[PDB]
Enquirer: 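Below is a deposited model of carbonic anhydrase II with acetazolamide as ligand.
All chain A residue numbers match the PDB entry; in order, they span 5-125, 127-260. Both counts, for ligands and for their atoms, begin at 1 and track the order of listing. We read in the header that X-ray crystallography, 2.1 Å was used to get this structure.
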Amino acid sequence: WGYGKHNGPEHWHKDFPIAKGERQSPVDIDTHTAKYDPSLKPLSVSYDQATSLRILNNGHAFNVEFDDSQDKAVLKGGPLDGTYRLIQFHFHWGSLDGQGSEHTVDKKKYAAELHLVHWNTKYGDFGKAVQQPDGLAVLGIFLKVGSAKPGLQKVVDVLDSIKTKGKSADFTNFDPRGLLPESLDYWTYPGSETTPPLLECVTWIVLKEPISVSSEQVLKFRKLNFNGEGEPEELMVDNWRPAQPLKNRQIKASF
Ligand SMILES: CC(=O)Nc1nnc(S(N)(=O)=O)s1
Ligand SMILES: [Hg+2]
Ligand SMILES: [Zn+2]
């Protein structure tokens, strides 16, 4: 599976038939059919005791991994019942600045999208959590191209260390708070992981307020490679899944 002509999203259904299931992500957020629900609590993002461990290029994107052995960085509040542990975060980006996001907002596509993944602590570990309809919660953040994001620069600089598939680099003392927008106003809906196994286990929480990063900061994203070392060069660009049919679902807004 990958994002190419022969192994791209329009083919993942053959090994992963859940690709055309019931609650698949991403989706277009139509802001006028989004149901403002005033029973939706504010988000409680507690990320001040976060331990980042490392960064690694896994062939389809890079993941800053975190130590989820204790509630150090947790997400609760909003639509969530219970505490969800931060395990890792990654982006999806495009080859140009008019594509990149997975989720769109009135069919508009932004330059990229940050996903901070969290698993429900009721289930003991991430592994058991994806056996559950409420196992995961992914906080989604849109990136637009403008002024540079200060807090994004440590990530951008490490990317030469992990140019190719399989590479890693110790990456401690990274504080994820530096990537959060000013406002925690979100849209939320039942969905899925957007990369195989496409498990229908995610409560998505997409923020309304994009962060901006600079054009030179996102250029560095597009230098990475899909391919392993000593293999033909495949630039890691456009690693996003097209929007899926909302099928029944209604998207709520906290605003
Ligand atoms: C281990 C892990 O995190 N797997 C994920 N699969 N898809 C994710 S995504 N596309 O929803 O943000 S996270
Ligand atoms: Hg599930
Ligand atoms: Zn993702």
Enquirer: In terms of chains or ligands, where should one look for acetazolamide?
Expert: ligand 1
Enquirer: Which residues that bind Zn(2+) according to UniProt in chain A have at least one heavy atom within 4.0 Å of acetazolamide (ligand 1)?
Expert: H94, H119
Enquirer: Below 3.5 angstrom, do we get any N/O pair linking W209 and acetazolamide (ligand 1)?
Expert: no
Enquirer: Find, among UniProt active-site residues of chain A, the one closest to acetazolamide (ligand 1); state the minimum non-hydrogen distance to 1 Å.
Expert: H64, 7 Å
Enquirer: Counting only nitrogen or oxygen atoms and a 3.5 angstrom limit, does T200 reach acetazolamide (ligand 1)?
Expert: yes
Enquirer: State the atoms of acetazolamide (ligand 1), each with its element, that fall below the 4.0 Å cut-off from a heavy-atom position in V121.
Expert: 3 (O), 13 (S)
Enquirer: Which other ligands or ions in this structure are less than 4.0 Å from acetazolamide (ligand 1)?
Expert: ligand 3 (zinc ion)
Enquirer: Quick one: which acetazolamide (ligand 1) atoms are inside 4.0 Å of a heavy atom on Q92?
Expert: 2 (C), 3 (O)
Enquirer: Would you happen to know the UniProt domain of chain A where most contacts with acetazolamide (ligand 1) sit?
Expert: Alpha-carbonic anhydrase
Enquirer: Among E69, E117, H94, whose heavy atom sits nearest atom 13 (S) of acetazolamide (ligand 1)?
Expert: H94
Enquirer: Wondering about overlap here: which UniProt-listed substrate-binding residues of chain A have a non-hydrogen atom under 4.0 Å from acetazolamide (ligand 1)?
Expert: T199, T200
Enquirer: Which residues lie close to acetazolamide (ligand 1), i.e. with a heavy atom under 4.0 Å?
Expert: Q92, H94, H119, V121, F131, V143, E198, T199, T200, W209
